[PDB]
A.B. asks: 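This is the structure, below, for whatever I ask next.
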Amino acid sequence: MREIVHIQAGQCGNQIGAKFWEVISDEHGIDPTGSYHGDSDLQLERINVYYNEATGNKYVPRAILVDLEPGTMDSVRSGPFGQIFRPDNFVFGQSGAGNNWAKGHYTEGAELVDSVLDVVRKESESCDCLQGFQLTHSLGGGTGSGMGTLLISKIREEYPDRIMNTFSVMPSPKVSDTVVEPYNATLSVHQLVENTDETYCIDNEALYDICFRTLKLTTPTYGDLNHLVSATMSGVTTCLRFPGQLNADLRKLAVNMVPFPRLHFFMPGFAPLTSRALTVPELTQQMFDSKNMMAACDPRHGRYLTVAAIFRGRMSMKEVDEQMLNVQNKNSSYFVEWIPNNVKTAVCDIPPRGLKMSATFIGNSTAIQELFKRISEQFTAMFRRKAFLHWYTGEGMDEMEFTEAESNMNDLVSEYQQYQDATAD
Amino acid sequence: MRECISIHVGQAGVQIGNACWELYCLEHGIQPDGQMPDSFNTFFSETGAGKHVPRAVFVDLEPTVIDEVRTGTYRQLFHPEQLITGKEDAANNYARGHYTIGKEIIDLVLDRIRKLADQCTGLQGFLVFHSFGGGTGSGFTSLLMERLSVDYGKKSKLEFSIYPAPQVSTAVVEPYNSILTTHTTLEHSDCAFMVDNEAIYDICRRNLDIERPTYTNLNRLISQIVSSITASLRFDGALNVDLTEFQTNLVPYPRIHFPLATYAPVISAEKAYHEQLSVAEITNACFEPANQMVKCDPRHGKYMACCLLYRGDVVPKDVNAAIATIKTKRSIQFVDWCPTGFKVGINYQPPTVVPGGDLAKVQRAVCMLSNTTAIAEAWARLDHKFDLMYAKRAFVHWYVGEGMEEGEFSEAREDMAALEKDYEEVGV
Amino acid sequence: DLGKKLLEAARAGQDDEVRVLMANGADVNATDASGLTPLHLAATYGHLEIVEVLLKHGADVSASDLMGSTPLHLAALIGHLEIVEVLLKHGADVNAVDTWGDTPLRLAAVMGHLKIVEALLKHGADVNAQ
Ligand SMILES: Nc1nc2c(ncn2[C@@H]2O[C@H](COP(=O)(O)OP(=O)(O)OP(=O)(O)O)[C@@H](O)[C@H]2O)c(=O)[nH]1
Ligand SMILES: COc1cc2c(c(OC)c1OC)-c1ccc(OC)c(=O)cc1[C@@H](NC(C)=O)CC2
Ligand SMILES: Nc1nc2c(ncn2[C@@H]2O[C@H](COP(=O)(O)OP(=O)(O)O)[C@@H](O)[C@H]2O)c(=O)[nH]1
Ligand SMILES: [Mg+2]
């Protein structure tokens, strides 16, 4: 039945996860009590992918809410859709992770991990045919980063034949909670490279840049940044949630989007960039523009290994095809010649809320190395001076673990460079 | 009796199967419930109640496509045991279709095939419908073809294979699945009819004036061609009366078993009253590359065999006069060791179309089946795409993680290289 | 050992302990095994009051550890603006180069500490020369 199990960990993970649920519930016609009130049968056709059927024609998100900080329970439960979640799916600790990856991965997180897995098991066992897991988290904190990656590795050992998909929020000094963010993110990337099938790189640096460019914000709130995350999350899951020409799940997406196992970090994009009707050529140009990417990398500095594009709304499907082929013909140098027909387009008749037409971009680009280089350079600046190292070693971590994570991220950067320079011999 | 069992594997196989059985019912006068107000007994079994049941098996690794058959217009035509579904698909991965996922349903599928075979008194063999591109269409078909060669050693096996096209919803790994299935099926198939999605797309756009053809539009055209090929097995003519004859008439060299099908006329139902096309006009159209099922240049190739299958108001002397003109005005080069003659079949029933469909009802139609070395161009297109990706080992990890050895990609490509050489050797 | 105690107090931000140890003869310029002084530690960990107290009682503003790191490099790396301004005012070498070839400006820029980048440039930080 192609069910997905959704997990949200830490402060960022729960904030973006709640916004995803509010946005997709609106699209599917599901109110906060779990009742359906829409006008289309297409809204309920694939409802089972994200929602469990409850008593008396009600729908309940297949969602697990995790945090080491107790205050997260309260904020979610007080949100507009707070009541929609199953109360026994809230797995919360009391001490917090103090923005420390080691606390999330080895201490507080290791103590709560079994309780989460019991909830994951209960949801998984009730699925007719589990597609896989979707995890929302930041890489810059302690819980989403440390505990999220511990959870991923434990799920990978218990469900080895199921897809692991993440929506991973990359830290930026432009939007920063602490200077230990490069350590937390590097330690996490190392885990993501090995244990996830596909990761959507949601870069806080790119979110800040979009908000500055579009709303002239030098001081955006997490609400401003999250508007872009929820629009993107809705767009990238369109073909999982809605009936259409496409007969596909997360594995089929991973198969066609990931040519090399480690190179599974996507650069998401979105058009039009609104705030809290464009023509098909305008949507297409905007979708391929550096200014519309949710990862702070210039696509023009690399090459696309693979591209997926999802158009939503009533538009000329002939115009979409012509526009997509035009991008590939006129700008052949930005796509690898050794993966034939590596740009795929899908069209969904249903547009998102407050928009008549939209386009969602999913790029597997070698330019993503710029994001990893940025984190690596900040990691190295901090690690060379051993600043804050006792926070991690005090939790039992060894300095070699830092050196190893550093080397693996640099190996990932060199792998992207190798394919960027590869020729179709 | 001389029964033929049709097997539809994966989405493309099942959907084309739907269009074929819809058209067979209309041709034979069978209603969607199996009732009829017999030469067609080769394809349809008959119950005590007078219900005509297709000798068909439908297999898919995920249930969505077959569920539409189970609840649609023809829900009472097939018995539930003939419609087999798994829970998880092959996710465009040949290795999942063949190894990991396929191994879980193979025995059940063979058990269901055996139940149909037991109802036969003179089983000729099988007609296998599948895509080259899908993980199920590629992987599961090759596993089933391997098992059918062991379990039914003397039986003929023919294929109707959907060849991938960028204009028609292809996927990036489809050139791999195509080469993988071709390699493993080659020694288990007697004759295979490739259907290039781009050729069908081109015909629908050019002749039916459909800008963006749906799977329904494409499949109604494919079923019209498939029916033209299987008519001889369902109406008891004088040409291609048994599955064995397809090999005898079209395949002098066993590995070179891919005949080019050319069909005419394809006319829009929504176009102004036109004077009906003569035998000479529809025959001339058989040598027009635009009417081929597979895109290739036959002037670059040599003919090994050629069959012309007419349907409707077709006088034998008019066919003989049309063929005489073709040996004069046109340059049809046969290989120095082949008879040079054209084999002719005529079925006098007026051609049948789906009521309200895109195709106009015609007085006379023709399907030419020619074994030409020009079809090697379609193998070269797939091989080039395979080569680009394989040189970098792009996507190979997905296959290796699903019970397949990496060496199988090299063994498959070497076999394709030998097949391209077989064509080149015959072509001179 | 008073030296070890003052290094710990400056790192932990124990304002009262720092003043008590210094009254007992604690070496204001004591070093740990890596060459870090109480001023390096107070500058890294954002203890402004301790930075000011150490500077008033003989702390070397431009002391180098074994890797050539000065308190200014560390304050600029971690992003402590007020500490950066206090060190500069007390004569910290704005263009000090550590073993990796980094200056305080380079560290502030890599870590995205824009206000510190501005403050360093205003106090004569040389961008084109290390
Ligand atoms: N002509 C035609 N081609 C089709 C149809 N459905 C799919 N295809 C083609 O078949 C290929 C995809 O293979 P599928 O048959 O859909 O997939 P599958 O065999 O079910 O296998 P998996 O989904 O990978 O498990 C592409 O090249 C499609 O264009 C159809 O109804 N008609
Ligand atoms: C469940 O959602 C999706 C699933 C898939 C695809 C996709 O992008 C259009 C999706 O939407 C984001 C997909 C992606 C990329 C491909 O090539 C790069 C491809 O060959 C093929 C595809 C898909 N197939 C087709 C014909 O589009 C199958 C997998
Ligand atoms: N985009 C976005 N980033 C957030 C949000 N909340 C926190 N962050 C980022 O997440 C990182 C801090 O991790 P956080 O999730 O608060 O910590 P955790 O609770 O220990 O996982 C920093 O990079 C923050 O900028 C949010 O709602 N949206
Ligand atoms: Mg399928």
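Just so it is clear: chains get the letters A, B, ... in the order the sequence lines come, proteins before strands, and each one is counted from 1. If you check the header, you will see the structure was determined by X-ray crystallography, 1.9 Å. Order of appearance sets the numbers: ligands from 1, and atoms from 1 within every ligand.
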A.B. asks: Between tamsulosin, tegoprazan, tinengotinib, colchicine, amlodipine, which one would you say is at ligand 2?
C.D. replies: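 The correct choice is colchicine.
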A.B. asks: Which chain forms the largest contact interface with colchicine (ligand 2) when counted as heavy-atom pairs under 4.5 Å, and how does the PDB entry name it?
C.D. replies: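 The largest contact partner is Tubulin beta chain.
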A.B. asks: I'd love to know which other chains sit under 4.0 Å from colchicine (ligand 2), counting non-hydrogen atoms.
C.D. replies: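 The heavy-atom check gives A, B.
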A.B. asks: Can you check which residues touch colchicine (ligand 2) if I set the heavy-atom cut-off to 4.0 Å?
C.D. replies: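 By heavy-atom distance, that gives A:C239, A:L240, A:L246, A:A248, A:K252, A:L253, A:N256, A:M257, A:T306, A:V307, A:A308, A:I310, A:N342, A:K344, A:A346, A:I362, B:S169, B:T170, B:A171, B:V172.
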A.B. asks: Among protein heavy atoms, which sits nearest to atom 2 (O) of colchicine (ligand 2), and what does the distance come to when rounded to 0.1 Å?
C.D. replies: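 Minimum-distance protein heavy atom for atom 2 (O) of colchicine (ligand 2) reads A:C239 CB, 3.5 Å.
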A.B. asks: Considering only non-hydrogen protein atoms, determine which one is nearest to atom 23 (C) of colchicine (ligand 2) and report residue, atom name and distance to 0.1 Å.
C.D. replies: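 Going by distance alone, atom 23 (C) of colchicine (ligand 2) is nearest to A:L246 CD1, 3.8 Å.
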A.B. asks: Looking at the entry, what's the name on chain B?
C.D. replies: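 The entry lists it as Tubulin alpha chain.
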A.B. asks: Checking the N or O distance criterion of under 3.5 Å, is colchicine (ligand 2) in contact with B:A171?
C.D. replies: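 No, since none of the N or O atoms of B:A171 sits under 3.5 Å from an N or O of colchicine (ligand 2).
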A.B. asks: Please list, in number order, the atoms of colchicine (ligand 2) under 4.0 Å from a heavy atom of B:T170.
C.D. replies: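 With B:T170 as reference, the close atoms of colchicine (ligand 2) come out as 26 (C).
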A.B. asks: Name the ligands and ions, other than colchicine (ligand 2), that lie under 4.0 Å from that drug.
C.D. replies: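 Under 4.0 Å from colchicine (ligand 2), there are no others.
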A.B. asks: Taking only heavy atoms of A:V307, which atoms of colchicine (ligand 2) are found under 4.0 Å from at least one of them?
C.D. replies: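 The atoms of colchicine (ligand 2) under 4.0 Å from a heavy atom of A:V307 are 18 (C).
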